[PDB]
Amino acid sequence: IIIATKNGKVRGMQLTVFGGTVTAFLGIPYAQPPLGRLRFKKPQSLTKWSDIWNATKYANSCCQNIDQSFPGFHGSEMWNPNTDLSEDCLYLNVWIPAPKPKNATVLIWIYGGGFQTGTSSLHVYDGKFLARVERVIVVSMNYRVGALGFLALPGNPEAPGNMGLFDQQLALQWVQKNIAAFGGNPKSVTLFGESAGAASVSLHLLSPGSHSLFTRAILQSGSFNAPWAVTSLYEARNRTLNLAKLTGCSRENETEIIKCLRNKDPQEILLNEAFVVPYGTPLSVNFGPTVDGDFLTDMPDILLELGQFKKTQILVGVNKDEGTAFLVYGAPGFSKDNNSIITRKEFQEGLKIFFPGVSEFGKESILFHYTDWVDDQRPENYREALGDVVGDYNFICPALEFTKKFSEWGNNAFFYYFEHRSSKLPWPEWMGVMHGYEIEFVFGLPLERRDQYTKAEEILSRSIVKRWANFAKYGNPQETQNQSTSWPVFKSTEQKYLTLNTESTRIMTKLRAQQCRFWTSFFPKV
Ligand SMILES: *[C@@H]1O[C@H](CO[C@H]2O[C@@H](C)[C@@H](O)[C@@H](O)[C@@H]2O)[C@@H](O[C@@H]2O[C@H](CO)[C@@H](O)[C@H](O)[C@H]2NC(C)=O)[C@H](O)[C@H]1NC(C)=O
Ligand SMILES: *[C@@H]1O[C@H](CO[C@H]2O[C@@H](C)[C@@H](O)[C@@H](O)[C@@H]2O)[C@@H](O[C@@H]2O[C@H](CO)[C@@H](O)[C@H](O)[C@H]2NC(C)=O)[C@H](O)[C@H]1NC(C)=O
Ligand SMILES: *[C@@H]1O[C@H](CO[C@@H]2O[C@@H](C)[C@@H](O)[C@@H](O)[C@@H]2O)[C@@H](O)[C@H](O)[C@H]1NC(C)=O
Ligand SMILES: CCN(CC)[C@H](C)CN1c2ccccc2Sc2ccccc21
Ligand SMILES: *[C@@H]1O[C@H](CO)[C@@H](O)[C@H](O)[C@H]1NC(C)=O
Ligand SMILES: *[C@@H]1O[C@H](CO)[C@@H](O)[C@H](O)[C@H]1NC(C)=O
Ligand SMILES: *[C@@H]1O[C@H](CO)[C@@H](O)[C@H](O)[C@H]1NC(C)=O
Ligand SMILES: [Cl-]
Ligand SMILES: [Cl-]
Ligand SMILES: [Cl-]
Ligand SMILES: [Cl-]
Ligand SMILES: [Cl-]
Ligand SMILES: [Cl-]
Ligand SMILES: [Cl-]
Ligand SMILES: [Zn+2]
């Protein structure tokens, strides 16, 4: 199979999925490799090739530091890159239904990873199931991360910031220019992503350069208004100068620092990325999105509040235990190999880890808001309270505030609460429905009967896959055939949302009302 793109011909592979066929094009280049003088620059356009490019294996992953907290443990290593790390990494993948569709809706995946890590070749991002079951086209791209993707001295085009975001944007442009040759519909394109990928998706709703490159958006466990998602412009320049100091690149003429950084090999950049922040947290984002005056014209909180974004439908949601994953990355008394019963004193030490520069009074009122027990005798009270603190503050409350503000401008919005713990989840039970472990259900991995998911998990995945595809195709995430409960629109007044679980599906209102009132209204003033 060979498809003529506008820059040259590409060859894919046939895959057998569920007694049928899916065609895969893995590793299509969409930009000139950002090497040499092109490091830290925005992505440049690709030049034509007259031969046939073989797109038959995942391409290199972008340079990044690997998680090594649990060597040999599948729970953490399933997120580590599974191809070689290289600066030559700006490639994308395309999954096509077989036979060739005539005008299929396109789903574009943007992976997360704190803007520091990530790759589209991960097993749980495999788009072949979605192409097979719902006959949509799935696209995913690799984008630069860390300093090589988000180092910023604003206004300076040698390192303007938001390069990884522009990588994503150029991939969206590739779909616009090429997807029809694959049988796809460039007028029906839905972005979806998780964590930092969901925050990227929400920034594409704000960026005018991206407004004509997609139709709808899905935000799983993330948004730009989350406290970890946007780097202040003070912080950006500090961490840039700190990295120059650590490497030996402190110049005075600010353009001369970047040329010094361009002569360091990528490994010396990666080794020093960690220490650009003096006192970080488990949720620290060393180099992330900034207000650059290009991709981002103003502070995103101002654009959201004043209705300056793409007007379209959105699907937003969170998991029940978003915070627990971060507790085994620094909190005292927590571990993946015990049950992590902590004391009140260990709870107070956890808050200092996650809220280092906050007043003594601020941590006291976090403790006060989250220690009104039902059962005063339960030993896991403080353990579960600290996870809820981290999850509410960093993910759930920002996502709800995002949806409320977005829908106030007349757009249909739908919110979900994912509360099923995967039967193949390798982390212990006390960590619950963790950050990132709805992804395998969205991509339809439990549909593979040869994988030891339960029968109920196959059913829930089949339902989620249909809702997601119906949202992309028709702007309405209903499962209309098997007498499901209807997913109601999220409005600022009643704030209805749908729960996703094996046992039951229910409509509820005002998720975490009391806790998010504290985080969104009171806490910013301490
Ligand atoms: C902006 O950065 C400076 C310099 O950052 C240094 O901090 C070290 C801890 C280390 O990471 C090194 O690589 C880096 O260059 C910050 O100054 C430092 O701030 C910390 C925390 O307050 C102090 O402990 C250090 O003594 C201090 N060093 C100096 C030379 O001033 C500065 O605070 C930072 N601005 C922020 C975080 O707003
Ligand atoms: C849950 O585990 C933590 C972590 O303890 C680590 O070190 C060994 C004890 C190992 O067996 C394994 O449990 C784990 O890798 C326990 O906290 C530790 O407690 C000791 C006791 O003095 C302290 O010295 C350590 O600093 C501390 N580690 C951390 C990360 O806080 C904790 O006691 C345990 N809880 C249980 C068993 O209920
Ligand atoms: C493919 O379909 C195009 C129309 O797509 C529709 O446009 C708007 C209303 C969006 O809501 C989108 O989701 C819809 O699917 C046609 O204009 C085009 O000619 C068609 N092309 C081919 C080759 O069939
Ligand atoms: C998949 C990796 N995940 C744990 C194994 C980490 C903690 C996620 N993470 C993350 C991942 C890589 C590097 C830094 C971070 S800080 C962060 C902030 C906001 C969302 C996610 C992240
Ligand atoms: C691309 O794939 C075809 C089919 O396997 C192969 O014969 C061809 O030689 C490949 N091109 C290369 C390796 O340049
Ligand atoms: C800094 O160096 C650049 C590159 O040579 C030059 O264009 C610019 O004028 C210099 N500016 C200052 C203030 O030295
Ligand atoms: C609806 O139910 C049938 C069995 O009655 C099942 O095979 C099918 O996959 C279900 N559809 C969805 C979208 O879940
Ligand atoms: Cl469009
Ligand atoms: Cl940070
Ligand atoms: Cl709950
Ligand atoms: Cl006390
Ligand atoms: Cl609408
Ligand atoms: Cl309710
Ligand atoms: Cl609640
Ligand atoms: Zn992740």
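In this chain, numbering begins with 1 at the start of the sequence shown. Indexing begins at 1, ligand by ligand and atom by atom, following the structure's order. We use all heavy atoms of the structure for the numbers below, so side chains are in, but hydrogens, waters and symmetry mates are not.
Looking only at contacts, the largest set of contacts to ligand 4 comes from what UniProt names Cholinesterase. Among the choices GW5638, R-ethopropazine, 1-deoxynojirimycin, KB2115, AR-42, what corresponds to ligand 4 is R-ethopropazine.
The organism that the entry gives for chain A is Homo sapiens.
When heavy-atom distances are rounded to 1 Å, the UniProt active-site residue of chain A nearest R-ethopropazine turns out to be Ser195, 3 Å.
Distances from atom 3 (N) of R-ethopropazine to the protein include no heavy-atom value under 4.0 Å. Close to R-ethopropazine: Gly113, with a non-hydrogen atom less than 4.0 angstrom away. For atom 19 (C) of R-ethopropazine, a protein heavy-atom neighbour is present inside the 4.0 Å cut-off. Scanning the protein heavy atoms around atom 6 (C) of R-ethopropazine, the nearest turns out to be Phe326 CE2, 4.4 Å.
The part of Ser284 lying near R-ethopropazine is the backbone, judged by heavy-atom distances below 4.0 Å. Not a single heavy atom of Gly436 sits closer than 4.0 Å to an atom of R-ethopropazine.
With a heavy-atom cut-off of 4.0 Å, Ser195 touches R-ethopropazine through its side chain alone. Close to R-ethopropazine: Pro282, with a non-hydrogen atom less than 4.0 angstrom away. Contact analysis leaves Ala325 out of contact with R-ethopropazine, as no non-hydrogen atom separation drops below 4.0 angstrom. Besides R-ethopropazine, ligands or ions with an atom closer than 4.0 Å to that drug are found; these are ligand 15 (zinc ion). Counted by heavy atoms under 4.0 Å from R-ethopropazine, the UniProt tacrine-binding residues of chain A that qualify: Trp79.
The nearest protein atom to atom 15 (C) of R-ethopropazine, hydrogens excluded, is given as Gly114 CA, 4.1 Å; this is a heavy-atom distance.
Taking UniProt's list of substrate-binding residues in chain A, a heavy atom lies under 4.0 Å from R-ethopropazine for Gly113, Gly114. The set of residues with a heavy atom less than 4.0 Å from R-ethopropazine is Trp79, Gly113, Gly114, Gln116, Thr117, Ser195, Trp228, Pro282, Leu283, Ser284, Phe326, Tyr329.
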